[PDB]
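The structure described below contains AZD4547.
We count residues from 1, following the sequence as given. One-based numbering, in listed order, for ligands and for the atoms of each. Both backbone and side-chain heavy atoms feed into the values below; hydrogens, waters and symmetry mates do not.
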Amino acid sequence: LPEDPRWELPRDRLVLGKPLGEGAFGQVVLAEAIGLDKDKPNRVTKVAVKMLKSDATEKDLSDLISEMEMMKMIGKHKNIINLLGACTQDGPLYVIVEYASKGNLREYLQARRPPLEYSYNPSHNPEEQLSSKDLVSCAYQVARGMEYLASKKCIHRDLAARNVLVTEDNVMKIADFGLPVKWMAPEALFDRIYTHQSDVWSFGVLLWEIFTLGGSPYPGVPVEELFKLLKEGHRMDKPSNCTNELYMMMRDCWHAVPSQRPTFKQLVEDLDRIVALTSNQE
Ligand SMILES: COc1cc(CCc2cc(NC(=O)c3ccc(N4C[C@@H](C)N[C@@H](C)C4)cc3)[nH]n2)cc(OC)c1
């Protein structure tokens, strides 16, 4: 790997900590970076570090590098997982990125379900219920991250609550944008055609995940029937606790004709307005 002084951090500035989550983003560990900012060399910053597994292949290395390089080009946004640095010399490739201490959006929401036969809270460490405004805001932030990525001509291909991470301060950050059928637009599923419009379809499913507090889409519908049923016009019913307006947004995201779906730009404007009008008492 050739050096890139723009991003390089010396290996001994990282204090490698524990594995994060359960490997959904590869082998990622929590770490402390000493002097990640050259301006503040005596500060430690909690970061996430991605590296290769032990019995990796030449494919895995090229993918990690490709991921890193794409993230270098993508630029910063507060609602995406940002690249912070890399250790490419004198040892294994480390890709240093932002740390999101509250985990993926699905588990985040599930843990915040009311303590319920209908919608069961699987966490042994449940957390305070989210207000109705918090929930719309979570949708708005995801949309903002996607609006940014789409503006940089990035197609995600796997947008879903599990690929949004939540920081200590409850900021939503899109993950895994740098290199499942129940989140795919019919045209992606059928014909392998991935676009910003198919990401919008996925966003609709993600909205449904939000308003079911981490519910599993198309409950009990076998994968092998799903494209057939989507072709026939099957769409998820409204979550029990969802406004008609947010449901209509989901439905629009699931337009059969890709050109008729809203853009992320429009979704952001729409969610911005909905967030403003959502009661902060409920
Ligand atoms: C482009 O995209 C990425 C994303 C990443 C992942 C970076 C990352 C991962 C995390 N974080 C966790 O993975 C995490 C943290 C806490 C979790 N939980 C466990 C849960 C049971 N309780 C909860 C209270 C907390 C569960 C998961 N931050 N940054 C790496 C990357 O390389 C290049 C690129």
Q: Write down the macromolecule with more contacts to AZD4547 (ligand 1) than any other chain, named per UniProt.
A: Fibroblast growth factor receptor 1
Q) Binding site of AZD4547 (ligand 1): which residues fall under 4.0 Å, heavy atoms only? A) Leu20, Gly21, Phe25, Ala48, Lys50, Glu67, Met71, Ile81, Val95, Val97, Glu98, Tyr99, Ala100, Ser101, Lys102, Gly103, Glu107, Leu165, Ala175, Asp176, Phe177
Q. What atoms of AZD4547 (ligand 1) come closer than 4.0 angstrom to any heavy atom of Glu98?
A. 7 (C), 8 (C), 28 (N), 29 (N)
(Q) Using a 4.0 Å cut-off to any heavy atom of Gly21, which atoms of AZD4547 (ligand 1) qualify? (A) 26 (C), 27 (C)
Q) What are the atoms of AZD4547 (ligand 1), with element, lying closer than 4.0 Å to any heavy atom of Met71? A) 1 (C), 33 (C)
(Q) Any nitrogen or oxygen of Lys102, side chain or backbone, less than 3.5 Å from one on AZD4547 (ligand 1)? (A) no
Q: Determine, using UniProt domain annotation, which domain of chain A makes most contacts with AZD4547 (ligand 1).
A: Protein kinase
Q.
Test your reading of the structure: does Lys50 have an N or O sitting under 3.5 Å from an N or O of AZD4547 (ligand 1)?
A. no
Q) Which organism is chain A attributed to in the entry? A) Homo sapiens
Q. Which AZD4547 (ligand 1) atoms, with their elements, are less than 4.0 angstrom from a heavy-atom of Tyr99?
A. 28 (N), 29 (N)
Q) Taking N or O atoms only and a 3.5 Å limit, does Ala100 qualify as a polar contact for AZD4547 (ligand 1)? A) yes
Q. Nearest UniProt active-site residue in chain A to AZD4547 (ligand 1), and its heavy-atom distance to 1 Å?
A. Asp158, 10 Å
